[PDB]
Enquirer: 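This structure holds lenacapavir. Let me ask you some things about it.
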Amino acid sequence: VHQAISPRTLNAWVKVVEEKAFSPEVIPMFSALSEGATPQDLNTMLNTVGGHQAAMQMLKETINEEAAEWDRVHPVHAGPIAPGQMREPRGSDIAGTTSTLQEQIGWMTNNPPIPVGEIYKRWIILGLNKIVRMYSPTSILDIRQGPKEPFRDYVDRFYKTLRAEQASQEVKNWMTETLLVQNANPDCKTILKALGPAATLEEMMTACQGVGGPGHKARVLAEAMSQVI
Amino acid sequence: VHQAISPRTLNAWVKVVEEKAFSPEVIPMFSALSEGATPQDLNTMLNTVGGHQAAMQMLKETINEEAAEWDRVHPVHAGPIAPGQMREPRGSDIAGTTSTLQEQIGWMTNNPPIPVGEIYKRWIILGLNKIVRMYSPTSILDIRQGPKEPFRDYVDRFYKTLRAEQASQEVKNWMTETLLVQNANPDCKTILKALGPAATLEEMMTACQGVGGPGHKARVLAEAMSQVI
Amino acid sequence: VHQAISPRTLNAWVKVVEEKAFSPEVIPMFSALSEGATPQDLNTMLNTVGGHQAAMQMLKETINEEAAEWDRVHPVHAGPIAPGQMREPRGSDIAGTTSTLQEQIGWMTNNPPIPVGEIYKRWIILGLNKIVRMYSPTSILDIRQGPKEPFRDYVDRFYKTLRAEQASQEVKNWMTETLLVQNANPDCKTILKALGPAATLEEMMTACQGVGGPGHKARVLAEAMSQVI
Amino acid sequence: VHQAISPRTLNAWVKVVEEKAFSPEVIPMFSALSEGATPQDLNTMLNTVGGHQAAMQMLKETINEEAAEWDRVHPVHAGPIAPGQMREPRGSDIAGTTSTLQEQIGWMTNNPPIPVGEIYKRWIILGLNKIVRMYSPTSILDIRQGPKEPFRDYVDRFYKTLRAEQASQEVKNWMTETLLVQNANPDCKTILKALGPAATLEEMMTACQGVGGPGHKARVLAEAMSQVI
Amino acid sequence: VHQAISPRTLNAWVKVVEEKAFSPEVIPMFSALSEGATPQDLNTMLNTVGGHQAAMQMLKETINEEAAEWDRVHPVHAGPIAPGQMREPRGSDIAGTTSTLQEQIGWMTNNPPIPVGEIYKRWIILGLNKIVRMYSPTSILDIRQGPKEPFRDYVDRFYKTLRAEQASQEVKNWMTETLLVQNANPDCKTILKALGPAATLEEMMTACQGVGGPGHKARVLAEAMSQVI
Ligand SMILES: CC(C)(C#Cc1ccc(-c2ccc(Cl)c3c(NS(C)(=O)=O)nn(CC(F)(F)F)c23)c([C@H](Cc2cc(F)cc(F)c2)NC(=O)Cn2nc(C(F)(F)F)c3c2C(F)(F)[C@@H]2C[C@H]32)n1)S(C)(=O)=O
Ligand SMILES: CC(C)(C#Cc1ccc(-c2ccc(Cl)c3c(NS(C)(=O)=O)nn(CC(F)(F)F)c23)c([C@H](Cc2cc(F)cc(F)c2)NC(=O)Cn2nc(C(F)(F)F)c3c2C(F)(F)[C@@H]2C[C@H]32)n1)S(C)(=O)=O
Ligand SMILES: CC(C)(C#Cc1ccc(-c2ccc(Cl)c3c(NS(C)(=O)=O)nn(CC(F)(F)F)c23)c([C@H](Cc2cc(F)cc(F)c2)NC(=O)Cn2nc(C(F)(F)F)c3c2C(F)(F)[C@@H]2C[C@H]32)n1)S(C)(=O)=O
Ligand SMILES: CC(C)(C#Cc1ccc(-c2ccc(Cl)c3c(NS(C)(=O)=O)nn(CC(F)(F)F)c23)c([C@H](Cc2cc(F)cc(F)c2)NC(=O)Cn2nc(C(F)(F)F)c3c2C(F)(F)[C@@H]2C[C@H]32)n1)S(C)(=O)=O
Ligand SMILES: CC(C)(C#Cc1ccc(-c2ccc(Cl)c3c(NS(C)(=O)=O)nn(CC(F)(F)F)c23)c([C@H](Cc2cc(F)cc(F)c2)NC(=O)Cn2nc(C(F)(F)F)c3c2C(F)(F)[C@@H]2C[C@H]32)n1)S(C)(=O)=O
């Protein structure tokens, strides 16, 4: 077909999902970056998304449900296929799983043509709509230690989201240098500030190990009552 | 047709038209959800827009104007229509007013195919383009009583806007109780605050109907003169 | 025809109507950019004028009345058309509404030739003459709030003019930051100045909501009599 | 063709470029305005972009590289062309440079059809995408004079940007009145404010011809030391 | 081909480029994910590198020089090609520019086989090796303002690097919030910290417009001498 994706379109789509993540702007750009492409190019563009595993899982669920709807609307004709004709597509074929490049190209160049690529394109674009409406990406700045949460658990969440985040290694080191102490519970923040800027992660952790325990609660209560008295 | 509308796309279009009102980002979504849809499906999508009657009227005017332009571009050809072929569309025929689903299907799957859905799509896209460019939905946040506006007239305008506003009943009552008094000029706001928080609407109107009259002007003039005397 | 508009001429016309607006200097440029062009190209240039809707409505009225005058001068001959010959153009055909590219080209290359493009050019250029003489574009700097006008109405007028005005978005933001406060009458101007430079639009509108009311009039009268006393 | 652009699509596209400049908002609208339009109409739409010549150059570079890719994937046909069929398109033909309207219509209506318009639309979409990512239009608000920039060079840059600006003439004069003195560096701004608002441009340049010379530096240094002593 | 890449390999390679950027870990992964892959699949994997334009340019230069070497060592076949066999590959064909998928499949299935995919993989390996040794990605952490650099140029470079950065929008906003003032030179940093955290970018640029001018140098020199005296 003459409407296959060029290398520039693939790189543009990759950059689009990189900078714009899954903002609404990803919907029109995709809507123009895969017009007339056979479904395998659409699958290639769907595969080029790095990260956002949950979002693409919702996308896959949407595509599967719409393939089921497609199969519901068009019943499968239980009859022998004429040598001149070829089998009608099913929802999986529109998705591209059970259909090869040759079958898709033949479908889009039939008389009358079946616009398999465009149908899969609509399914994908409304899955993208669902992603934009519901999915919210996890950001390191959204990771703040709770009021009664242990510092080990907060550090585990911080590092899990940092690894899941898409960023450079150097900027990730800067993030774990700054936000780890920045977005911390006030009780742990007092200990972290008292430790000093040269304290390592292990030292900070054994310092906040005692927070929330009976000894720390007794100490802070004693400080409060000394301020009162 | 293989690109017929499906419940998921219709629900998604409804959700984007209610959630996003007529923000510019409604142009991509529509342009991605009606791709390949028959004009009947376009009309079905257009009917589900609740509220925004003014914008809907602008959109209908744009459709009619573009259909007139289409009819002027494509002149009517006389003579008997060939039985193998079928009669050519007009502007209203594209619009679906005088064309049934069978006629639209025949147009979209003929040789050569007349893409009635795509021309419809362009006309509708122009309609929403004008809607977003010019039309601004009336919001209860903007209903504020003018300096000389009677309190009764302001209450009537506020209630009309509330009736036209799309929102749940509970949040509508909350918006009433929190914005009818707040969004008033100081001349009425002072009286309303002096009235007390536990004031019914009838008491509100009765107390504030005296503003702007000779008595209220004389009282406020005397109060102002008290400071200078 | 050899005298169709090149892309550079179209861009030059767009720039002319952009920077020069509808100043008289637009008349000579249109007098030269479109010379010998068939009416289709003339309409194409007449379509790239963003904004100035009222001006082009006057221009359309001029063209329609000149088509009527042209029909008045040359009566329509009620007779069969010779197969070698072709129908003479009516008033609308010179404007290109009832005539396509082929008929316009044939008219412009007849024996004797009918200079349809030049006749339409004369009609259009007199339309621009009327636009230059009478039409005055709405400018933001012409938006000044009246002595006894509510601030909400002034804001509505200011923002309507801002939306209708052509400019960059950053320029529009700077203009609504400066001129909105700058172009208010003494009462609203002193209220805005007392509010402060960081006050939001809602705060300014709330403060000016009371201007012109009985309370504000009593307060300013009290201030004046205190200055007297 | 059935999907030829009507006047209102062209005018709406012109307005889109005028107001939205090259924000991402231009990508969907364009893709929704040229749906099914022949690449001749695509060139017609692209020509009406007033200003932003750098962005148009980037777009033309995109179209050239996409045409190169199209010629790369599609090999040049060899041997005599079948009289029933006609010559295969090339990248320049998709871009509309070499192909005429008749050839493009023949491609669109061929069996099987070659979607020249959609391919060219995707190429222009890629160009617009890189424009919105990278290209940043020059704005008068961003013209600020460097600490060591001579006032003459600052004025030259300011006026060049103002001439390149899309805004109207009267608002351009207003911009000259306010921003030119507002955006000067403190050394020039002190002199300009000492001159008074009545000073003309020539007087202002005369008074800021000396900022950076031995006399001015000596004078400011002496003033600072005298304030110290 | 049997060893055609699967969606998981493409996604894994994309993620490898996203996280590891261009580190020594890229060479092993690329050497194992694209094992036995058709050079068309190699090109698909190469197109997915979002950003790193300079590195990709270096890689393509390496591929071009390797193709030149391949054409140098392998002479061009002369005379007619045997119908049973097929034409020999060239350097561009190994690079995948001129070869089609069918040609590469025939090369790999030929007896004896021509391992086009492995040769292309080695060429890309050389390119990646040069990238990891020499190319260094631009990071906002490494953007700092020179001692004599005006704040406007620093801000422009900072924002250009930020736009080129691979990160999410909220993280980029956080970078703008902190690193823009953190990495300024002390002369600008003193003014920026005296401004306060509430200062906007425009206010910061206005305050720092004067550093390096005669007034600012005189003021700092006077302050230093007064501290001496
Ligand atoms: C060879 C080639 C031409 C191809 C192809 C190719 C072929 C088919 C499919 C596929 C398409 C549609 C359905 Cl409906 C199913 C299905 N239906 S089902 C009953 O649920 O199993 N299964 N498949 C797997 C099948 F068919 F192979 F079995 C599919 C894919 C999808 C494209 C896709 C990616 C995506 F992200 C979200 C989607 F909605 C669709 N990519 C995958 O599936 C692999 N994937 N999945 C997920 C997840 F689940 F998290 F969303 C993730 C990936 C990931 F990319 F790694 C990325 C991290 C995320 N690509 S090429 C050059 O591009 O590599
Ligand atoms: C069978 C079926 C599939 C169908 C169909 C169907 C068929 C035709 C039309 C129609 C279309 C185009 C023209 Cl050009 C005319 C016309 N030309 S004219 C000279 O102006 O009168 N007349 N019609 C009436 C006709 F049909 F009699 F011809 C039309 C509609 C429109 C679709 C539409 C809705 C819309 F909002 C805005 C539009 F631009 C277009 N919807 C209506 O018309 C009813 N409507 N109108 C308006 C208003 F005016 F306020 F915008 C409103 C409605 C509303 F939906 F109630 C909603 C509150 C708003 N739908 S279904 C869904 O029923 O199952
Ligand atoms: C397809 C193509 C070849 C063509 C054509 C084409 C064909 C005809 C016409 C037209 C010409 C003459 C008459 Cl006498 C009438 C008519 N007489 S009547 C009894 O009153 O209805 N009707 N028409 C509509 C018709 F013919 F379609 F029916 C016309 C136009 C005009 C050209 C024009 C533009 C203009 F600004 C002012 C004019 F005086 C004339 N443009 C429009 O009409 C659309 N327009 N109108 C107005 C308004 F009214 F506000 F001024 C506005 C537009 C706008 F551009 F959007 C812009 C905002 C302003 N273009 S192409 C490649 O160029 O796109
Ligand atoms: C007659 C008609 C049917 C037609 C046509 C017509 C035909 C072809 C082309 C064209 C198309 C594709 C390529 Cl790939 C090249 C090419 N490739 S190349 C190797 O560089 O020479 N050259 N062309 C010139 C060609 F064909 F004449 F040779 C083209 C244009 C473009 C449309 C276009 C405009 C644009 F802005 C950006 C684009 F990407 C494409 N318009 C121009 O290019 C003229 N232009 N250029 C530039 C600049 F350089 F700044 F970007 C500028 C203009 C401008 F519009 F003035 C504006 C200020 C900016 N229109 S009609 C009724 O519509 O007028
Ligand atoms: C159809 C398909 C199967 C295919 C294919 C396909 C075919 C060929 C090529 C190609 C291969 C080898 C050479 Cl030696 C040249 C050449 N030699 S030359 C004398 O320099 O012109 N030219 N080409 C362009 C050609 F072939 F079109 F002519 C090539 C590519 C490359 C793959 C590649 C990308 C890359 F980044 C670095 C590489 F080393 C190789 N992709 C491009 O080159 C496009 N690109 N370029 C650059 C730049 F240069 F800026 F770094 C950039 C891109 C980008 F990806 F956008 C990304 C931002 C960076 N892909 S599919 C489904 O995958 O799309």
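Note on naming: letters A, B, ... go to the chains in the order of the sequence lines (proteins, then strands), and numbering restarts at 1 for each one. Counting convention: from 1, in listed order, for ligands and their atoms alike. Excerpt of entry shown; contacts counted in excerpt.
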Enquirer: Give, per the PDB entry, the macromolecule that holds lenacapavir (ligand 5) with the most contacts.
Expert: Gag
Enquirer: Which other chains are heavy-atom neighbours of lenacapavir (ligand 5) at a cut-off of 4.0 Å?
Expert: A, D, E
Enquirer: Look up the covalent bond partner of lenacapavir (ligand 5) and give residue and atom, or none.
Expert: none
Enquirer: Working on a figure here: which residues of other chains come under 4.0 Å of lenacapavir (ligand 5) (heavy-atom distance)?
Expert: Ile5(A), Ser6(A), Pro7(A), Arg8(A), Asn11(A), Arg72(D), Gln40(E), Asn43(E), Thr44(E), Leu46(E), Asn47(E), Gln53(E), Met56(E), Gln57(E), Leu59(E), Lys60(E), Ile63(E), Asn64(E), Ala95(E), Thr97(E), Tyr120(E)
